[PDB]
Visitor: 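Notes on a complex, d4T-TP with Reverse transcriptase/ribonuclease H.
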Amino acid sequence: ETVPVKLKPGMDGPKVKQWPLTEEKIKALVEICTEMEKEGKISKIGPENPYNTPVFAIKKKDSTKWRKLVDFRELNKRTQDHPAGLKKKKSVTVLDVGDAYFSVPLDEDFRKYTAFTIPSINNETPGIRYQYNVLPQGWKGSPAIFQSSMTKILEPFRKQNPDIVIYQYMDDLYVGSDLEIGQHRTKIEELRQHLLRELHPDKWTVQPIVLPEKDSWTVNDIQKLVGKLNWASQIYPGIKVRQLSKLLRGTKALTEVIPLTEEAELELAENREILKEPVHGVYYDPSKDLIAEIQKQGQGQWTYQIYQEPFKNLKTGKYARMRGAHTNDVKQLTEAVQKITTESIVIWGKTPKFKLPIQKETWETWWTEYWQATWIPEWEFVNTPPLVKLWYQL
Amino acid sequence: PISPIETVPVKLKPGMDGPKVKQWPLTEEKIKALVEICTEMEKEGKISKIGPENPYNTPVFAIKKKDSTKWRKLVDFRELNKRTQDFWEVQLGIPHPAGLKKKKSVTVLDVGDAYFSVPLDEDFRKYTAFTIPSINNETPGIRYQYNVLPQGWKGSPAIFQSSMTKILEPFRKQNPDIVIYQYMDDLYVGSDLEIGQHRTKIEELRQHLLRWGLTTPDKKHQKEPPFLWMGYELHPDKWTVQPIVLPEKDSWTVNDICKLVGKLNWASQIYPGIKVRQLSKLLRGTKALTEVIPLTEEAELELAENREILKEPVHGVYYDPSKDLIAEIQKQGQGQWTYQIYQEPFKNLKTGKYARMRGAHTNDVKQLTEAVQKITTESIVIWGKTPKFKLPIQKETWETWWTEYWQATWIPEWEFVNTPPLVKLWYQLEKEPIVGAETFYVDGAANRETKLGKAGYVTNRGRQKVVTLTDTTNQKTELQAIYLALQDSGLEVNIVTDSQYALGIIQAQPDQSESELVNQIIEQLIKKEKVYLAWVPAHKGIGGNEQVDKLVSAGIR
DNA sequence: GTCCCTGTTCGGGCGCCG
DNA sequence: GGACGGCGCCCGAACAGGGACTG
Ligand SMILES: Cc1cn([C@H]2C=C[C@@H](COP(=O)(O)OP(=O)(O)OP(=O)(O)O)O2)c(=O)[nH]c1=O
Ligand SMILES: [Mg+2]
Ligand SMILES: [Mg+2]
């Protein structure tokens, strides 16, 4: 028996056009949907259902199976409406328990809102439309509705291990412990056996604003430094640029060498210490979105900030692959986005809205060739001013 | 006959009612055509006489078909269409001959009176009420409703496409290795069978369709090459487009231009080198379809080159999945590009053109990256995979740009092709300030009320200049200051600006802009040997920024 | 807030197909 | 002539941001 679910008042369902898929993905989706239909989990529908949500597939790393992935971001936006100790465990593994959802029916009046359309190569046939009969993977309501059965299945494992932390975010179980990695993997297999019925969050580090060290300073150097500190004073009111700026009175050449006074040297060491302290007065508000910004720093380095109001950063970090003879910017940006989403889910149990430093078209052309998660965060695209790139540079 | 398939339930939009619209006057010829069609359809139960219990009506007319003998009955359902529920369209695109694979045997066939074989939902039938006007003074006019899909209703294309997919599903499951391209009711059928066994399978298919109420009249059953399909001619090893006729008018209106541009875009799929930049620019700010625009000389020449290109013979080939897909890109001016997709050297699968202007300011590497993106999603639609590229850009140029550019940008497996015009960066900003180059501190100010402003610079060697401007903006004064520093500097210059607007533009290394003033700047930057551009926060007393700020604020702030 | 400048979306012509 | 849906192209209108102003 089903649980009624409604939409947020005054909101119609999703009407997103399906995007083109490669042959691999189409073949996988067609076989997966065929099986899903033999089992009653989805049903064919026609064009009198006016709703649509895109669909694709990911081939997991060295797994010979594919996984369907519905992009339910709009539907989740439109559907009616956290263990702090998880961020501290020595090791955390992430299980894909979306399968469970196929055991629970879905309120009939809701089913039409989960429509999706398989496309065809070279448009040989019209698209072929389906809708859901059970809890769909990647839908905000699937974990909400299955929560009670989930708690029931987990009660004994949590009793026999109260030192293990289990958290559920939509299609995913996060399991954390303080075990040697062999014993941790053994406990994880215990949990996967019971469910027939590697992260290390304590090593994530903050990337602080950092100032150059020099024995000889030019007008150019000091001008760049004053601009960087002027910017950083909006995050740290301790910062001051009076004396350093005083060194620049007049109209000097950019390469003139400037000797630093005692006052300016003091100011610089003070500012250098102020940037050590953490950002004061920043409290997480759950009823607002996490904003993630990423800046490409070049040579495989990327920097990111998670905040909710401008200059009030909840976290700042970097992702750094090794320098690239055959480096792929879009693949790296996708990896950065998945890593950051993982961290935000673990810490605050919520995904950020990403501002991506890439063209809309480039991203949409390629990002699904590197996606490996079961959720998809919201994003928008920006044309970053290389100033901020210089600001957070390492 | 009428398909025994289940109907598709449909509904009006909430709080809405059926149309009540007067039949208009039709010519006598169309009234005879309609009369014959209607009494025949009535005998077959496709339309039913209605009485005065039905309050609705909507106008009806008729046009000749492709076959100029036969008529086509149409209904202006624009009102009912407004008042009808939404559908999700299921036709996601248009099949393309370059995506077809070589086949031993081929058949093209068409369904007869396709729409009129698919039942319409009973609850909705009353809204389709129409009236055939009196052909006589002595004969009155008959009123009917539809029991099958009518032409002119907004729900018919999708309902028919869906019904056809359902009807063909059993045959496909049973015959997975026979390929049926299904464009509304056109069927291309390909098999790897000898002609006899193939014809037997085609008879199976015809009877399968007939069981579901769809006839395949022999008149449209093509059995020998060349096949006429989707606007093309399909020969056993090559395809072509059915000929393009460009108009030859002497006066040209907007509508004439749109026709010309449309046919050229159609032609570029297999003709290499089509250009529409100038012809298209001709449409800017035009009033309406009737406005006569006179051809520029640039558009004149463009059209001449296109006409020549069209006088040539050209064809495509079919797809071999066991070979790579290769796209080769060629530049033309004005942000225009053509491409050829092929597998063996001089046998194109297809061709195309990319010309879209994205953004106020851009350069040729950006444009090439977006041409690559367009071709990649086109390839995924038509062949389901990404091609290998051959681009007129050196690996060092790409490397440099990808280093210097702050955005994520990427291009799949590719190889340098030495066919000019090569794509290059036309200048490069320094990363460090330049020893021996004079240092300019530039700034602009503008009064938002009167729109008067000043641009100018001071240098570390004592030069000072201020230029006054009328009807300008802050952003524009900043750009003018940079232009001035470039005009008055040597081959090597350090420039310091307070304006992150101007810095963000100039830093992305544009070679084209819709702004004249940015074009003039770009020209200067190409003339230089070394340029270095630093930034400082405005209004903080820093360095030479202060002097020039006080100079340009004088009579404006 | 306002003015500027720049990006995306959508709708309106046309091409082509049925 | 003229009705419908699909994709393509191109242009302009109506938005949505983000940065810099006035006293
Ligand atoms: C060409 C065309 C078509 N249609 C609809 C209706 C029939 C299907 C198929 O078109 P068709 O094969 O040429 O017409 P059809 O009704 O089948 O008549 P015949 O094929 O028997 O001549 O698309 C339409 O609504 N407007 C059009 O202009
Ligand atoms: Mg037909
Ligand atoms: Mg300024």
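Reminder, nothing fancy here: chain letters follow the sequence lines and each chain counts from 1. Determination method: X-ray crystallography, 2.7 Å. Start at 1 and go down the list; that is how both ligands and their atoms are numbered. Excluded from the calculations below are hydrogen atoms, water molecules and symmetry mates; all remaining heavy atoms, backbone and side chain alike, are included.
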Visitor: Name each chain or ligand corresponding to d4T-TP, including duplicates.
Guide: ligand 1
Visitor: Around d4T-TP (ligand 1), which other chains have a heavy atom under 4.0 Å away?
Guide: B, C, D
Visitor: In this deposit, what name was assigned to DNA chain D?
Guide: DNA template 27-mer
Visitor: Tell me which other ligands or ions sit under 4.0 Å from d4T-TP (ligand 1).
Guide: ligand 2 (magnesium ion)
Visitor: Can you walk me through which residues contact d4T-TP (ligand 1) using 4.0 Å for heavy atoms?
Guide: B/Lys65, B/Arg72, B/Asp110, B/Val111, B/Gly112, B/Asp113, B/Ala114, B/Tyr115, B/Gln151, B/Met184, B/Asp185, B/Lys220, C/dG18, D/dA3, D/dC4
